[PDB]
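Next structure: contains ONO-6818 (bound form).
Index from 1, following the sequence. Both counts, for ligands and for their atoms, begin at 1 and track the order of listing.
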Amino acid sequence: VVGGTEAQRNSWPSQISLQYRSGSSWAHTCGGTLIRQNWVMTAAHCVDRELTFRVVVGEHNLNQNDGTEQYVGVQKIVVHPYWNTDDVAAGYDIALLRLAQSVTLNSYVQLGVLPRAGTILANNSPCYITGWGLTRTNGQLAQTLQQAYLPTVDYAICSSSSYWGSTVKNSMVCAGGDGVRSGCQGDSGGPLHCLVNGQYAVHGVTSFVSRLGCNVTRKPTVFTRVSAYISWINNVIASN
Ligand SMILES: *[C@@](O)(c1nnc(C(C)(C)C)o1)[C@@H](NC(=O)Cn1c(-c2ccccc2)ncc(N)c1=O)C(C)C
């Protein structure tokens with residue numbers, strides 16, 4: 001997250017860190033959202049590689065024992081049937097991970113609430129992106145969970161020429177684009193929390209940014225619109 005601030009320890013309990021084993025250690029690669037005690041929602045492009053993954057919940061500082069972490073393995077990965085490797089502009093950038101074990105819920109580990117199917121947010125809706133991603137373009141990962149106020153940019157504006165044009169689809173959500181704050185490498189697969197009716201719900205799964213850089217003016221961070229896949233999500237968990 002570029003232009004963010006450190007999130008409080010118990011602010012975003014649904015956030016998880018998706019890690020893969022590199023050598024004899026584990027390294028954070030993407031974010032994700034806990035939606036069931038044994039199911040995690042993330043980006044398809046995060047699990048496109050033939051790597052061994054693990055999930056960490058109750059995580060705050062990547063390199064320090066917080067005394068709240070739970071480490072669980074991934075037992076099954078379900079990518080959207082229409083997902084096309086490396087083709088993030090086509091959409092369908094979403095995947096579900098079935099955990100090897102059910103995690104324990106407490107003040108640091110909670111399920112993120114999903115929006116009702118078809119829900120679209122008004123322009124400039126208050127949202128927050130969270131993650132341990134790069135704090136600067138071509139910089140380095142954050143040590144502690146970061147958060148940044150990222151207001152939505154409706155489809156009409158985001159799909160305009162001065163913005164993303166045809167690259168963005170209606171199955172996506174645009175947030176930010178002020179040139180100061182944004183998502184960045186390592187935030188992928190994570191949640192976009194938006195305030196709706198006094199409650200925070202996960203309306204997006206972080207997908208991509210401009211090839212030019214993370215925080216580019218008029219190039220908001222793009223997310224998969226969660227509300228467009230509620231039926232798919234329910235179908236997967238129900239038969240797995
Ligand atoms: C997303 O954070 C993410 N996913 N993988 C990674 C690495 C491996 C840590 C860099 O970071 C990142 N978004 C993207 O990387 C999306 N992206 C791609 C792309 C496509 C397929 C697989 C990986 C990456 N390609 C081009 C551009 N412009 C992208 O943003 C953050 C959300 C910024």
Name, as UniProt does, the macromolecule that ONO-6818 (bound form) contacts most in this entry. Chymotrypsin-like elastase family member 1
Which residues from other chains neighbour ONO-6818 (bound form) at a non-hydrogen distance under 4.0 Å? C30, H45, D86, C184, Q185, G186, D187, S188, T206, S207, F208, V209, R211
Which of the ONO-6818 (bound form) atoms, numbered from 1, are nearer than 4.0 Å to a heavy atom of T206: 32 (C)
Polar-atom distance check: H45 versus ONO-6818 (bound form), any N or O pair below 3.5 Å? yes
So if I look at chain A around ONO-6818 (bound form), which UniProt domain am I mostly seeing? Peptidase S1
Which of the atoms of ONO-6818 (bound form) are close to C184, meaning less than 4.0 Å from one of its heavy atoms? 2 (O), 31 (C), 33 (C)
Indicate yes or no: does an N/O atom of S207 lie under 3.5 Å from an N/O atom of ONO-6818 (bound form)? yes
If you scan the protein for heavy atoms around atom 10 (C) of ONO-6818 (bound form), do you find one that is closer than 4.0 Å? yes
Under 4.0 Å from atom 3 (C) of ONO-6818 (bound form), can you find at least one protein heavy atom? yes
If you have a sec, work out which protein heavy atom is nearest atom 1 (C) of ONO-6818 (bound form) and how many Å separate them, to one decimal? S188 OG, 1.4 Å
Close N or O approach (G183, ONO-6818 (bound form); < 3.5 Å): no
Do any UniProt Ca(2+)-binding residues in chain A have a heavy atom less than 4.0 Å from ONO-6818 (bound form), and if so, which? none
Would you mind running through ONO-6818 (bound form) and noting each atom that sits below 4.0 Å from a heavy atom of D187? 2 (O)
Distance from atom 26 (C) of ONO-6818 (bound form) to nearest protein heavy atom, with residue and atom: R211 CG, 4.6 Å
Contacting atoms of ONO-6818 (bound form), where contact means under 4.0 angstrom from a heavy atom of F208: 13 (N), 16 (C), 29 (C), 30 (O)
Per-atom contact, atom 29 (C) of ONO-6818 (bound form), protein heavy atoms, under 4.0 angstrom: yes
What is the closest protein heavy atom to atom 7 (C) of ONO-6818 (bound form), and at what distance does it sit? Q185 CG, 4.5 Å
Considering only heavy atoms, which residue marked active site by UniProt in chain A comes closest to ONO-6818 (bound form), and how close, to 1 Å? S188, 1 Å
From atom 18 (C) of ONO-6818 (bound form), is the closest protein heavy-atom distance below 4.0 Å? no
Distance flag for atom 32 (C) of ONO-6818 (bound form), protein heavy atom under 4.0 Å: yes
Indicate yes or no: does an N/O atom of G186 lie under 3.5 Å from an N/O atom of ONO-6818 (bound form)? yes
Is there a protein heavy atom less than 4.0 Å away from atom 13 (N) of ONO-6818 (bound form)? yes
Name the residue and atom at the far end of the covalent bond from ONO-6818 (bound form), if one is modeled. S188 OG
